[PDB]
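Quick look: zafirlukast on CRM1 isoform 1.
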Amino acid sequence: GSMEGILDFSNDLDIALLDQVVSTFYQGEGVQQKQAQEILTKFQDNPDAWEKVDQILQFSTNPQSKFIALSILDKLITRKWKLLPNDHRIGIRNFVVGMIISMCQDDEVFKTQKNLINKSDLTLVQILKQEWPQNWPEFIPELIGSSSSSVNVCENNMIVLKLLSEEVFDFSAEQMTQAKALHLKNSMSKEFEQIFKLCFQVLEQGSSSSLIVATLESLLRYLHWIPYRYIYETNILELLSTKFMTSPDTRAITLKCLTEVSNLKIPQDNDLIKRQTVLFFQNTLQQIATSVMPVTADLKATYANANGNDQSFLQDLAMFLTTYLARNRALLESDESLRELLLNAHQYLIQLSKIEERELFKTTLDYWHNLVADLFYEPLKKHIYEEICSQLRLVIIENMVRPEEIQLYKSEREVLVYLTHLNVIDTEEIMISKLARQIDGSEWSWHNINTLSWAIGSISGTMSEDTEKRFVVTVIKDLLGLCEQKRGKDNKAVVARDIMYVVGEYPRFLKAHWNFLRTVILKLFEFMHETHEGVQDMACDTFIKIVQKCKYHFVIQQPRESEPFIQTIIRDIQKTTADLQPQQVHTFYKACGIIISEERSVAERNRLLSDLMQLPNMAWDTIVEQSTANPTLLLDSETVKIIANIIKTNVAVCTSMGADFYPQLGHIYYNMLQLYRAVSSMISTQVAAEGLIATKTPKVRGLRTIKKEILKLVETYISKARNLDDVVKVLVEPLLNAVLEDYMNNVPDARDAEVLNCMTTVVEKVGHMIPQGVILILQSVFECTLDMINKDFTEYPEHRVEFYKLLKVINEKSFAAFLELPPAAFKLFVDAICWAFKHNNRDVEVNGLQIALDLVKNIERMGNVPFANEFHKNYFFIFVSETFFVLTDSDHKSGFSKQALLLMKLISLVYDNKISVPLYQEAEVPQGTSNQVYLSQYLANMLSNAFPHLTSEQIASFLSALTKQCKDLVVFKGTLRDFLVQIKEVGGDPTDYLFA
Amino acid sequence: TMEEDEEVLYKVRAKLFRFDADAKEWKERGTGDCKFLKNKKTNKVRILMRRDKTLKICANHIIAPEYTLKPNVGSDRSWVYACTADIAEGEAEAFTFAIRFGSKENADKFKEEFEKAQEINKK
Amino acid sequence: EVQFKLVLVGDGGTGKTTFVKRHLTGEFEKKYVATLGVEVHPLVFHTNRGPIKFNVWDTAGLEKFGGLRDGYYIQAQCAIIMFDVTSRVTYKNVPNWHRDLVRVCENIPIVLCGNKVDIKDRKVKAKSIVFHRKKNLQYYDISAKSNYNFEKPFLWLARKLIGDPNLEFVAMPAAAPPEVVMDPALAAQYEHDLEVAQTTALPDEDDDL
Ligand SMILES: COc1cc(C(=O)NS(=O)(=O)c2ccccc2C)ccc1Cc1cn(C)c2ccc(NC(=O)OC3CCCC3)cc12
Ligand SMILES: Nc1nc2c(ncn2[C@@H]2O[C@H](COP(=O)(O)OP(=O)(O)OP(=O)(O)O)[C@@H](O)[C@H]2O)c(=O)[nH]1
Ligand SMILES: [Cl-]
Ligand SMILES: [Cl-]
Ligand SMILES: [Cl-]
Ligand SMILES: [Cl-]
Ligand SMILES: [Mg+2]
Ligand code: NA
């Protein structure tokens, strides 16, 4: 209806209508809300909308309207301000200041319209960034003066100064040129003496808590940059650590201030300052103990209860204690009069560490890691913390997570290891007594036996072998007794899993006790017949874990055995693995592969490998025979599954054996590649008969799984091969004949991206030895893959990634293959590289930029010959402009570093005169002209057309800086970032590019 | 919950999809425990399916005797059927559902149980 | 029933809209269609304390589609800041989103969510993620795709807004479903529709479910 009226600028603005649109957006629903939304967005983005702001701010009764008005004004101020005549800029500045003071002098508005005041204050700060101090030298004197006139104005002035400090020191890095950031920082620094005097007077004179809070909020920001003397050489440390900690209104902000105080840069060789640092800590902790809670308080309970701002307060306390102590605890450690303070502070941290809050726990854990690492190394310090450390052992053990949570488990483990070293007896006692509480039922639960088991596992290798032996026996006895005790398969399986877990984490014990190791393995084999969920997986997981650690014990003849145990495992493998799922079987064969690779006699290794692969090889032989006798039999769902599982078993064993796998690969290689062809035929046939939908069917997916596992097997072997001559002589040619034409001659939807991945490994490992093979790879995959991925950025995401990985390695190892391309195809190669630059997908973009870099390097290497000169004449400017596009378009920020590196290379080539021919074509410039002069001219023209709001002076200064800095990446990057700031506004200072 | 009056005949982990016809694509509706619930008053068997995490209802309809489980071209562990009145999102609506399981065995068992329920519902 | 305005902010492509849609309908949208300005949807959870409604303001992360920007934050009662653990830039920008948000909403519960933890090659490591600590934000690793910690942001905000630390999500009640008769007139209609559905493959046939 009427709502679209506000978009008609040919008429004057109906404020009552704007207020309705705004109301409908903020308070309305469904269709109405959505329409109002679109209307407001178009209003706001109208480039003349700013002209309407004055009108809206005066005549609107809707504070949300005024908010959006200030948004519009902010766009003008940050982007187009310097276009305005001085008179207009002063007009706007005065209007904004006037509106702020007016809203502050009205108590009702000040109380109820905080949103609009804060937005106004931010708008003022955007003006200061443009105007101050050069065009507004009196701003700070006037603000200071206006502060005494009213408590509301004074309070609001603290919000302005806070926002200013944030914009200049905290968020300037990305939003201003280096020169402008330095200018504003020096300006604030120069006037800070006066600003501090005001803040200090307010904090001393007191009274209004809202004023005091706003003042401390600004101080928090000041502490990021001000010199220490403003804190240490005034009374302010005392005020923060006494007065402001006692009242709860000021306590949260004060704690955060004192945390930052604890991070100030401070003289290290000064006893007065050391005493002051001690004193503010003592004062803060005394105020906590007397006004908030004693050292004994149950912070776990308090946090859980979540009353008022208790959670935030306790978080902030943890941050303050850990920050201060990590820097200053040595100040507290040698003076006997500070011992109680030191231990009380750490006791608070023990209590905070018991809170059930993952992220808070991690904060305290980082501190505990710092402390116990110190006590491990620092002489005469561990005895101080004995009782702290004892409590901490219990906290860590009760909070141990599964090793799957890698960072947190790692952190916890390291703390427990250090603590175990500091007192092995205390650790053992705590673990044994926690175990006893599992056995007596008082703390029994799955979670609790699990967490205890993870804790017990985590300290493997910390005790002496003798102590560990007694400990491990005690633990396994106790868990075994626990297992007997428990009734029902659920309970028994939980404990049995925990037994398996603990045993797997103590290889040193297994390695010393062959009798026990054998029993464990045989028990694991028994468990591989238990269908109760989780048991078979843990049995298999434990088996391979033990094998990874104790493999040598399976390959030697243990005394009182008739043979190496690997022989025993292999002999019984059918029976052992009969009830396992395919993936579990694969883990089993992988584990056996680990063992067999320990056998360094070749004949014996090859015989073991032969014996291990017996059942897969016999299944394979029967299938290959029957399958080739009758190509029909491959249509059978069940055969396809058997075949896939045979190939997967080969992959699993090749994964653990690498180079040692070759004789097995040799047994299957030729028939495996025949199967690849036969399966490929069926897939082709099925897609013809049924359509692209065929590729979704279980049968065709089964067939493709066979192809992908074959490629995975070959990739796995080649990636670990030692005999590259055999790879080239025996493997490569059949592989290329089997896979390349099939890839090329399938429709896009039937092409396997795994082919590209396999070829990448081939080029990586033996590319230098197969120059004709690399050419054949490019001819087969290059144009047809590019055509799949050059219509948009989304289709065929795996092909996309693998394609640029392949081109990267070819460009690294066999650049000669790109020299052999016809001009038109070489052009497609350059097109492909620039296409990768334009990707948002980071895998592609990064490979794209690296290929470009490497390609420039490869051309440079050729020296002064026709191909190199033709490359530069044809492509130098394409690379320079394509690189500038992705640098400046704001849609490719993750690639900034590599874009900069590339641009620096390209500019340095011309600055060093390393390009032999003119880059300009005849009759375009005086014929003697240097490439440096022409590059300057071309970039000036290119940037002028792309960014017409820049002055000639801005562009010329930028380019001058760029070319002078093309041997200094960090400075060059600074210049690029300065340019990215300047293109987002009008009237950027050209002298900014002289920054030093 | 309003499930206290009902016996649990069959339970199985499943992912449920509804066919959007506007765009010719399947859209997930939920993942979690699919349950066949026999009302102890009426002896009527319904499918009730709740999402993991939120326990919100993604399926709630009678196992009508006239429904037929059909294979999907893409899967050996899924069924598709028309449902004329599902009340997961309040208002009874018609949907083309697809339900997928962890295995062919689960899918075949489901089919067996669905037919048993259809027979129960015929009384 | 009590309702709370929730604003969702973070870089383009981090998973904001995907996360909300999954919560609304159960669907996982694989395509990236950049939000234009804001999308507003009601989202209800059933709790032991009764139903809680979030008015979800799912804002645009891309500068060019930003619309009203901080104008969307007015009268927000809670927020989620989202980034992508596979994209370092998205975490680098978390302080920028937080800055803009708290200047408008000074005293609200906020969850920081690292999305896409299902992806194996994680680029923002756990050890790097510390920004929430001094800002008193809750943090969760999440995946809109795997549903890892899917409900955690809303459960935590619900506890904060209701002021009850033992608030639980409960099973929404399940009414007896109606019997209907098959319409003889729509018999041919359903044959067609079922034909098309059967011959359209289900997505992600390699997943566990
Ligand atoms: C090799 O003597 C065993 C080994 C095992 C064994 O390996 N068990 S298990 O695979 O982990 C497992 C997991 C879940 C359920 C069931 C089982 C069996 C079991 C029993 C025994 C006999 C036994 C009975 N008592 C009450 C015990 C108390 C402690 C230990 N310690 C141990 O003698 O160590 C070594 C020291 C010198 C050589 C052996 C053993 C035992
Ligand atoms: N792997 C993975 N992908 C995800 C996940 N969540 C979302 N995505 C995908 O990542 C993209 C995120 O898209 P959106 O949710 O629209 O992103 P957005 O944050 O709303 O973006 P803007 O609206 O532009 O701010 C889509 O392609 C999603 O399918 C996740 O948990 N894991
Ligand atoms: Cl300075
Ligand atoms: Cl120290
Ligand atoms: Cl050894
Ligand atoms: Cl999914
Ligand atoms: Mg979005
Ligand atoms: Na105006």
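Every chain is numbered from 1, with letters handed out A, B, ... down the list of sequences. As a basis for the values below, the full set of heavy atoms in this structure was taken, side chains included, without hydrogen atoms, waters or symmetry mates. Counting starts at 1 for both ligands and their atoms, in listed order.
One finds zafirlukast in this model at ligand 1. Other chains with one or more heavy atoms under 4.0 Å from any atom of zafirlukast: A. Put simply, atom 26 (C) of zafirlukast has no protein non-hydrogen atoms near it, under 4.0 Å away. Protein heavy atom in closest approach to atom 10 (O) of zafirlukast: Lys523(A) CB, 3.4 Å.
With hydrogens left out, the protein atom closest to atom 37 (C) of zafirlukast is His513(A) ND1, 4.1 Å, a heavy atom. Other ligands and ions less than 4.0 Å away from zafirlukast are, by number and name, none. Protein heavy atoms are found less than 4.0 angstrom from atom 6 (C) of zafirlukast. The entry gives the source of chain A as Saccharomyces cerevisiae.
Of all protein heavy atoms, the one closest to atom 2 (O) of zafirlukast is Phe516(A) CD1, 4.7 Å. A heavy-atom separation below 4.0 Å is found between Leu480(A) and zafirlukast. With atom 14 (C) of zafirlukast as the reference point, the heavy atom nearest to it among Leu482(A), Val473(A), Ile499(A) is part of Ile499(A). Counting only heavy atoms, the protein never gets under 4.0 Å from atom 22 (C) of zafirlukast. Site of zafirlukast with heavy atoms closer than 4.0 Å: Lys477(A), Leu480(A), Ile499(A), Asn515(A), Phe516(A), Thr519(A), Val520(A), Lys523(A), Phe527(A).
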